[PDB]
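The following structure holds tranexamic acid.
Along the sequence shown, residues are numbered consecutively beginning with 1. Quick check of the header: solution NMR. Indexing begins at 1, ligand by ligand and atom by atom, following the structure's order. Note that these values count all heavy atoms, side chains included, but never hydrogens, waters or copies made by symmetry.
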Amino acid sequence: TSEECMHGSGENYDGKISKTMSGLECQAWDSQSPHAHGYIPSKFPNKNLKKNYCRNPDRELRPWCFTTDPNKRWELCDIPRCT
Ligand SMILES: NC[C@H]1CC[C@H](C(=O)O)CC1
């Protein structure tokens, strides 16, 4: 709902994809479970976090989000390359 295909790292990216490249559907950036992690939307008027859609707060290579797995905290999302 901003940029749906990216040049690579999806800095601004808040498309619609929220699937970790090697795992699961991400757990939203809010507070739910498995854990009340950092990067909480309540502290950002910035157009960063959203529901579970991958972002890049530390601007990692591939945009990531927290997973739904109780042991896998963060994970890189596979977001579609603009081709
Ligand atoms: N290593 C990239 C980036 C991944 C998430 C991590 C966190 O969960 O805080 C911050 C660093």
Location of tranexamic acid: ligand 1
Chain with most contacts to tranexamic acid (ligand 1) (name per UniProt): Angiostatin
Majority-contact UniProt domain of chain A for tranexamic acid (ligand 1): Kringle 2
Residue/atom in covalent bond with tranexamic acid (ligand 1): none
Tranexamic acid (ligand 1): binding-site residues, heavy-atom cut-off 4.0 Å: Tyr39, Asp58, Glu60, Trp64, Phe66, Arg73, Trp74
